[PDB]
Asker: 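Can you read through this structure? Questions will come right after.
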Amino acid sequence: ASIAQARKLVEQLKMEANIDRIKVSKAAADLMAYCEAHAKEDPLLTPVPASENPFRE
Amino acid sequence: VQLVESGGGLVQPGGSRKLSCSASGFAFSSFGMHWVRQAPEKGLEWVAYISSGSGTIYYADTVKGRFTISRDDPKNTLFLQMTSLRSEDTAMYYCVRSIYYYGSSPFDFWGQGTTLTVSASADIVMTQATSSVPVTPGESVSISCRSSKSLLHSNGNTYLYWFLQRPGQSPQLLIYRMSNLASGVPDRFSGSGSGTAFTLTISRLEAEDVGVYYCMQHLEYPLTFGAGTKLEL
Amino acid sequence: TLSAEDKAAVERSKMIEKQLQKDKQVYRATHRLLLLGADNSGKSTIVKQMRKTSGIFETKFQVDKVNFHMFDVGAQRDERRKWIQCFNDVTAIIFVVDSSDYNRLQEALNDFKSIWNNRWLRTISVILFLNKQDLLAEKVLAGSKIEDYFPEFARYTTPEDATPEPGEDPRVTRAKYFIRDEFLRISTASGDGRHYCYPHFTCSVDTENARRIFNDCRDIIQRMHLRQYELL
Amino acid sequence: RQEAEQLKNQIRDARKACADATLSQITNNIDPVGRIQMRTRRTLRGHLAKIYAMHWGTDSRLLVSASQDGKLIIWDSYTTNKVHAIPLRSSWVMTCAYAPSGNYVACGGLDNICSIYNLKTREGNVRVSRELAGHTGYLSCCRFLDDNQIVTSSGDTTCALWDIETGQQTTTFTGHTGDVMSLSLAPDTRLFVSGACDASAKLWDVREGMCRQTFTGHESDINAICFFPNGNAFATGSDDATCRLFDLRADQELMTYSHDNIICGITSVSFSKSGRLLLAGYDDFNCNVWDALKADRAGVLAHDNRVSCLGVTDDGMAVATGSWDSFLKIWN
Amino acid sequence: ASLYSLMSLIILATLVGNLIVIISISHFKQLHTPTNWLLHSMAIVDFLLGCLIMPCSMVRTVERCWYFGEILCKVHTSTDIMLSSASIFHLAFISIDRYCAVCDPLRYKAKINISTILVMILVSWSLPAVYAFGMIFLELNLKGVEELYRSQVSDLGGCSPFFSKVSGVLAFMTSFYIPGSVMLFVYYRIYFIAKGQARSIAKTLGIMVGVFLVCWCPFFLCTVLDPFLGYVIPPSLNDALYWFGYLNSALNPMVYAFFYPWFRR
Ligand SMILES: CNC[C@@H]1OCCc2ccsc21
């Protein structure tokens with residue numbers, strides 16, 4: 001039990017601590033940028049007339 | 001997967017014969033069945049058609065009251081009943097599998113056929129430009145086919161097929177629906193078209209590409225074939 | 001549908017719908033049961049008498065031309081609340097208790113409490129089986145007591161309407177009905193008249209459990225129908 | 001043990017000293033989508049018992065569904081036709097997956113086995129080609145990487161990477177405390193996220209078979225996990241009527257999508273083609289569509305019983321929803 | 001005017017009662033059970049009665065006269081007989097379904113399926129029509145009373161049904177005795193079972209029986225008793241009895257739909 005796993009958790013938590021991180025405000029830019037870059041490719045977002053969609057009627 | 005046909009023989013005029021095709025090695029009770037004729041000096045011709053559930057039956061306009069089709073699911077046996085044999089039923093008959101769902105490839109596996117010697121309209125017209133062409137083992141070949149009515153359908157499909165029966169065996173399938181490639185055929189065949197005229201192109205050329213290439217449409221039911229273009233190497 | 005291939009596709013779909021209808025009539029005439037118990041309880045022997053790390057086992061028995069499907073949950077973990085949501089449509093639950101140990105009884109009591117009070121297990125009635133009663137009889141005549149585990153056993157009298165066996169010794173009875181009540185007290189505290197409990201006294205050598213299950217199921221479904229038609 | 005808690009405090013502090021601005025502060029200057037009207041365009045019928053899982057095909061036309069009577073059905077969503085009907089050996093199925101090439105399907109449940117079905121045989125029938133065994137608990141999810149690799153989630157707190165050709169596990173993913181409920185793949189198929197009943201979500205590396213990151217914040221257990229189209233975010237769904245959105249690189253919790261009018265838990269989550277919408281199926285017989293950038297309720301897909309699964313077409317064409325009353329609805 | 005108002009109150013109510021239920025069954029997916037279709041068909045049969053017959057039938061009573069072609073009276077009556085018998089048969093089949101559900105719990109879903117229900121609807125729609133058409137077209141009923149049928153009633157403009165001493169009893173039997181006895185036996189058996197389990201741990205059936213009985217027994221009793229007595233029942237009184245039988249069409253949709261909690265939605 002303690003003789004071993006505790007030996008292990010120490011390892012995984014030590015490994016997980018060292019990770020590069022960024023600014024949260026910067027993180028709120030790539031998602032937006034994707035949103036406006038692909039806003040015109042979303043059929044569900046902009047309603048489509050019953051001419052270029054296969055679920056008419 | 002192998003199918004066996006039985007019957008044949010020489011029948012005096014005015015007789016009646018019971019031709020049969022026997023299936024084995026697959027789920028025969030899920031495939032539609034056809035009969036296709038072929039004169040010794042002419043191209044193929046479709047005879048009749050039975051569906052998987054026996055609820056739908058078609059006949060060729062040439063003979064509708066003379067022939068009769070039937071199937072048996074517990075034994076996997078298909079039958080063709082012919083009466084009052086005229087002076088025309090002197091060709092070879094084949095039994096062909098077919099299964100219909102989205103993305104399927106109908107007309108995939110053919111039988112081996114049989115022989116039958118007899119002693120002495122508004123359908124789409126499908127024609128092929130030529131009958132033969134000499135080529136070289138390694139050059140590019142192009143076979144053309146034409147139709148009388150637009151094969152393109154409102155859904156978006158183009159019902160055109162290429163078969164290319166080899167000189168000595170039963171026909172096989174190269175291209176289905178004018179663009180798609182069959183299962184085991186080499187990846188050097190292709191097809192293209194515009195709606196009325198179509199072309200089959202062979203990039204390379206091997207010794208196995210000799211034979212007669214066929215052009216069939218599956219828009220309406222008559223099921224008219226082409227003429228055939230033999231290749232000599 | 002204006003092409004031959006589309007018509008053939010519709011026809012294939014129609015065959016599929018006819019196969020699904022026969023599956024549905026086959027399905028509507030079957031009753032599903034869930035079997036639950038512990039390792040000491042003889043639940044593994046009742047299935048044998050009635051008839052790799054797998055996850056579930058099946059056993060089919062027929063009585064009076066009625067089919068019953070009993071599902072025994074095999075090699076799983078110690079947590080039950082997650083996969084118990086898939087059994088909210090069974091007719092009844094068979095609970096098997098080995099009440100001849102004097103030690104392994106309180107844990108069975110909390111088990112029964114957890115199963116009876118489950119949220120997803122409402123409307124489901126439970127059939128209680130008390131197994132290995134002969135061992136209890138062999139463990140009480142010599143005198144391993146019960147008061148040392150349950151101090152209120154010394155203040156319990158045989159209830160007024162009990163029926164003893166014909167060859168019964170007076171003593172055995174007091175303990176059997178004490179255990180039966182102990183189990184029955186849990187059910188009466190909740191449920192507000194939507195499911196019931198059906199206790200029993202089962203032995204290792206019995207050939208009647210199927211009939212008891214049939215009768216309890218018959219009663220459960222009759223009560224369900226009577227409530228549905230505003231008759232209860 | 002004391003040192004461990006220290007470390008954890010160090011990690012927290014590192015995460016804390018990064019949140020300069022939440023999503024709302026940046027996103028409060030964008031016009032919303034407003035109101036979206038989605039109508040039922042198809043209704044698929046034929047299942048006997050409740051429906052537990054579904055999966056769209058890359059063709060954007062075909063889909064597969066699984067029900068508790070022990071049946072798999074493949075539909076054609078344009079003409080409402082049925083293509084295949086497959087019966088299962090065990091009737092307690094819980095998940096199903098469809099191959100990216102459209103050649104195979106998979107399913108599993110309360111039998112500790114993951115079955116593979118071959119859809120393209122010479123004979124016109126569908127038959128089982130591989131049974132993967134070795135798990136101790138029930139299977140809860142499965143996803144294809146390619147025609148030869150599959151990742152499964154079980155009730156024995158472990159995940160696994162399999163090899164269909166041989167049928168033996170090549171990697172084991174241990175570390176969860178409670179039984180795992182769901183998983184999601186990445187577009188590059190180099191990483192995958194997983195959520196379990198221990199209210200924690202973990203990120204795993206397929207090649208090295210090792211845990212990379214951990215996410216916390218949910219009060220109850222995790223039922224459904226989805227992944228952002230871009231590749232850096234993923235959204236979850238719990239039993240406490242809440243859904244979040246965690247970044248990978250940032251390692252934190254972003255805007256939270258919840259309301260005071262919902263008491264029941266979430267069963268399924270999915271994303272839009274652009275990431276502008278977040279739709280989740282709730283236990284109150286309904287499906288809620290949310291604005292993925294401003295946490296605004298925009299549209300409701302109103303089934304007579306609990307919604308069990310969702311799905312969005314690859315090209316954004318439509319959305320298919322399943323439920324416990326054995327009906328499938330397509331909204332466009 | 002008051003009589004006209006009452007007449008409207010009956011028909012309009014019947015129409016509203018039957019139109020709601022039909023819509024409710026067809027559109028909604030959840031209520032598709034074999035048994036539910038039995039109610040749908042019943043509601044259809046009741047509806048037709050209020051829209052065709054109750055109006056024209058009201059006209060004879062109000063102004064004590066019949067102003068229409070003779071070819072029409074053979075149409076108005078048979079229509080009046082077929083639909084009433086169909087409604088009574090539907091009631092009997094509903095009672096049989098209840099008996100099958102309560103006294104055979106483990107084989108209910110198997111026995112009472114869609115097939116059985118379709119057969120029930122087919123019989124209930126076919127047999128009353130067969131008995132109404134031939135009976136009212138071929139003059140089986142008029143035979144032996146032609147002098148009396150045409151001596152007084154036919155002379156003066158009228159459109160009053162007439163039965164002999166051998167056809168009235170057969171109609172009485174066919175349209176009241178069998179379904180009523182079936183319902184009585186079924187509900188008497190069910191009452192004891194329901195009571196005898198309540199103690200173990202009884203009025204809805206009593207209502208239903210009373211509504212059915214007090215609403216159709218006097219009309220049939222007078223119909224079967226008048227030929228023997230010698231036609232001493234006043235025309236006015238009789239009309240009442242007809243309206244007192246039609247009132248069943250207005251109350252039947254309500255007892256079998258609104259009472260049950262599952263049909264509140
Ligand atoms: C009160 N309308 C019922 C109708 O009135 C004419 C005779 C008859 C016989 C069975 S039902 C019926």
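Residue numbers start from 1 in every chain, and the chains themselves are labelled A, B, ... in the order their sequence lines are given, proteins ahead of strands. Counting convention: from 1, in listed order, for ligands and their atoms alike. Side chains are part of it too, since the values below use all heavy atoms of this structure and drop only hydrogens, waters and symmetry mates.
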Asker: Among the choices fosmidomycin, rimantadine, theophylline, ulotaront, mirogabalin, what is modeled at ligand 1?
Answerer: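 The one at ligand 1 is ulotaront.
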Asker: What does UniProt call the chain that holds ulotaront (ligand 1) with the greatest number of close contacts?
Answerer: Trace amine-associated receptor 1
Asker: OK, heavy-atom distances under 4.0 Å: which other chains does that catch around ulotaront (ligand 1)?
Answerer: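 Other chains with a heavy atom that close: E.
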Asker: I'm curious which residues sit within 4.0 Å of ulotaront (ligand 1), going by heavy atoms - can you tell me?
Answerer: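 Heavy atoms within 4.0 Å: E:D80, E:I81, E:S84, E:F163, E:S175, E:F219, E:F220, E:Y242, E:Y246.
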Asker: Please list every residue in chain E that UniProt marks as binding 2-phenylethylamine and that has a heavy atom under 4.0 Å from ulotaront (ligand 1).
Answerer: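 Within heavy-atom range of ulotaront (ligand 1), the UniProt set gives E:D80.
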Asker: Using a heavy-atom cut-off of 4.0 Å, list the transmembrane segments of chain E in contact with ulotaront (ligand 1), numbered from the N terminus as UniProt does.
Answerer: 3, 5, 6, 7
